[PDB]
Amino acid sequence: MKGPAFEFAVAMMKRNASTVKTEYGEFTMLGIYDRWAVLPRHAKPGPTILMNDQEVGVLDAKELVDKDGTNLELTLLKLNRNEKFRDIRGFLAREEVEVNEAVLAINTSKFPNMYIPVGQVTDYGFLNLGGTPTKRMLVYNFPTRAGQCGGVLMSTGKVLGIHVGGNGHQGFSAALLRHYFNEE
Amino acid sequence: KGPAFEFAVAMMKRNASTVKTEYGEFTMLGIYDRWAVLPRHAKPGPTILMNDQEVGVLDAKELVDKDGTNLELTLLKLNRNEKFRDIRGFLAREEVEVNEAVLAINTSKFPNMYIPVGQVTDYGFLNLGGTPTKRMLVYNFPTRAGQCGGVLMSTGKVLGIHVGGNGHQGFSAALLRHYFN
Ligand SMILES: *[C@@H](CC(=O)OCC)[C@H](C[C@@H]1CCNC1=O)NC(=O)[C@@H](CC(=O)[C@@H](NC(=O)c1cc(C)on1)C(C)C)Cc1ccc(F)cc1
Ligand SMILES: *[C@@H](CC(=O)OCC)[C@H](C[C@@H]1CCNC1=O)NC(=O)[C@@H](CC(=O)[C@@H](NC(=O)c1cc(C)on1)C(C)C)Cc1ccc(F)cc1
Ligand SMILES: [Cl-]
Ligand SMILES: [Mg+2]
Ligand SMILES: [Mg+2]
């Protein structure tokens with residue numbers, strides 16, 4: 001609900017977010033640093049994506065799992081483009097973030113530049129999501145809709161995670177942690 | 001953009017509802033007492049569905065200027081016991097222009113969504129949906145069906161109500177203080 005959180009969110013989406021289509025559907029994508037970006041794992045990007053209606057090559061993809069192989073529901077993508085993202089790694093936490101007030105930001109054809117005050121975010125942990133055991137889920141209560149996956153969950157100076165699932169009035173993000181961007 | 005969003009979220013929580021008529025689903029802003037506003041195109045009947053509940057309409061006034069020109073707003077007096085928080089002090093005497101506005105929507109398609117639409121210009125006259133219409137405010141963003149009744153706001157100001165557009169251009173009817181007496 002906070003002004004500064006929305007101010008932060010809008011600036012973040014303007015600088016680093018895009019609309020991406022894969023063979024599996026349309027998503028919000030967040031650039032992280034250099035040419036590295038993130039999508040929900042179920043976006044299932046191939047060797048070419050559509051980024052703001054433009055064909056972009058994918059040079060590497062990394063589907064994130066924990067040390068025991070459990071799904072984290074995020075895929076990191078290295079893009080064949082010459083433009084670089086603003087390095088936003090400093091806005092990513094070392095561990096799953098909780099906040100009193102978060103904003104979920106969506107950038108797709110269905111929801112072009114929409115911001116939703118989702119209220120409190122709780123570190124929920126384990127969830128069987130779409131039939132897949134998944135960890136490091138953040139939960140929040142708002143009226144969820146199809147097409148919001150990839151939405152960026154934020155608060156002032158904080159990128160918490162990426163929207164990946166939900167049902168009815170409950171939404172879940174995969175926590176977006178800083179160490180995910182280290183080879184190890 | 002921050003202060004505009006903060007003002008907008010509080011306004012919607014307190015004064016906005018979702019309304020269904022034969023002509024679709026709308027965001028509806030309550031103004032004071034039992035008086036609310038809808039786009040004229042909503043064409044409310046003697047009853048409306050407000051947050052999924054049947055609510056009687058006691059009076060409906062389709063606003064026109066002194067020469068009968070469409071303003072694209074209908075004021076409705078609702079048969080409800082609850083009074084709206086009085087927000088008339090946030091309404092200007094004339095059409096407002098700002099560098100940064102937020103458009104706020106609350107429907108089943110767009111439940112509690114806020115859009116940074118940037119600059120708002122007093123465009124004036126427009127032939128909208130075939131009807132000559134005045135006091136149009138214009139802003140540039142990717143417009144969508146189901147956003148009518150959306151509340152256009154800036155820091156400490158309610159500017160207008162979304163009534164139309166096409167492609168990447170949206171229009172609000174200016175919400176002027178004198179409309180409410
Ligand atoms: C986003 C995907 C999308 O629409 O992109 C365009 C192709 C979508 C968002 C949810 C739909 C309804 N509300 C949402 O927030 N995500 C999905 O559809 C994932 C699957 C789910 O969310 C399931 N939900 C649950 O399992 C669930 C469990 C609980 C307690 O709450 N929800 C569906 C039954 C809706 C996609 C997905 C994610 C991860 C996977 F391993 C497989 C599939
Ligand atoms: C909201 C009402 C609704 O029922 O949802 C759509 C079915 C809707 C919003 C616009 C739809 C697309 N973009 C929008 O912002 N409003 C309308 O559909 C009105 C009609 C229009 O907006 C027309 N647009 C124009 O005439 C126009 C002209 C210019 C320069 O830019 N746009 C349509 C061609 C989209 C409803 C309306 C208003 C007044 C009337 F007299 C009749 C109908
Ligand atoms: Cl009545
Ligand atoms: Mg193909
Ligand atoms: Mg400007």
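Reminder, nothing fancy here: chain letters follow the sequence lines and each chain counts from 1. All values below come from the heavy atoms of this structure, side chains included, with hydrogens, waters and symmetry mates left out. In each ligand, atom 1 is the first atom listed, and ligand 1 is the first ligand listed. Looking at the header, which is where the method is noted, we find X-ray crystallography, 1.5 Å.
The drug name recorded for ligand 1 is rupintrivir (bound form). The chain that rupintrivir (bound form, ligand 1) touches most here appears in the PDB entry under the name hevb EV93 3C protease.
Going by heavy atoms, the other chains that come closer than 4.0 Å to rupintrivir (bound form, ligand 1) are A. For rupintrivir (bound form, ligand 1), the residues with heavy atoms nearer than 4.0 Å are A:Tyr24, A:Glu26, A:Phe27, A:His42, A:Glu73, A:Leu127, A:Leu129, A:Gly130, A:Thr132, A:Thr144, A:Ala146, A:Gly147, A:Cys149, A:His163, A:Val164, A:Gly165, A:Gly166, A:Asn167, A:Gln170, A:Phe172. Residue A:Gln170 approaches rupintrivir (bound form, ligand 1) through these ligand atoms, each under 4.0 Å from one of its heavy atoms: 30 (C). Distances between N or O atoms of A:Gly147 and those of rupintrivir (bound form, ligand 1) include at least one value under 3.5 Å.
Shown in contact with A:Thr132 at under 4.0 Å from a heavy atom are these atoms of rupintrivir (bound form, ligand 1), numbered in order with element: 41 (F). The covalent attachment site of rupintrivir (bound form, ligand 1) is A:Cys149 SG. Applying the 4.0 Å criterion to heavy atoms of A:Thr144 picks out, from rupintrivir (bound form, ligand 1), the atoms 13 (N), 14 (C), 15 (O).
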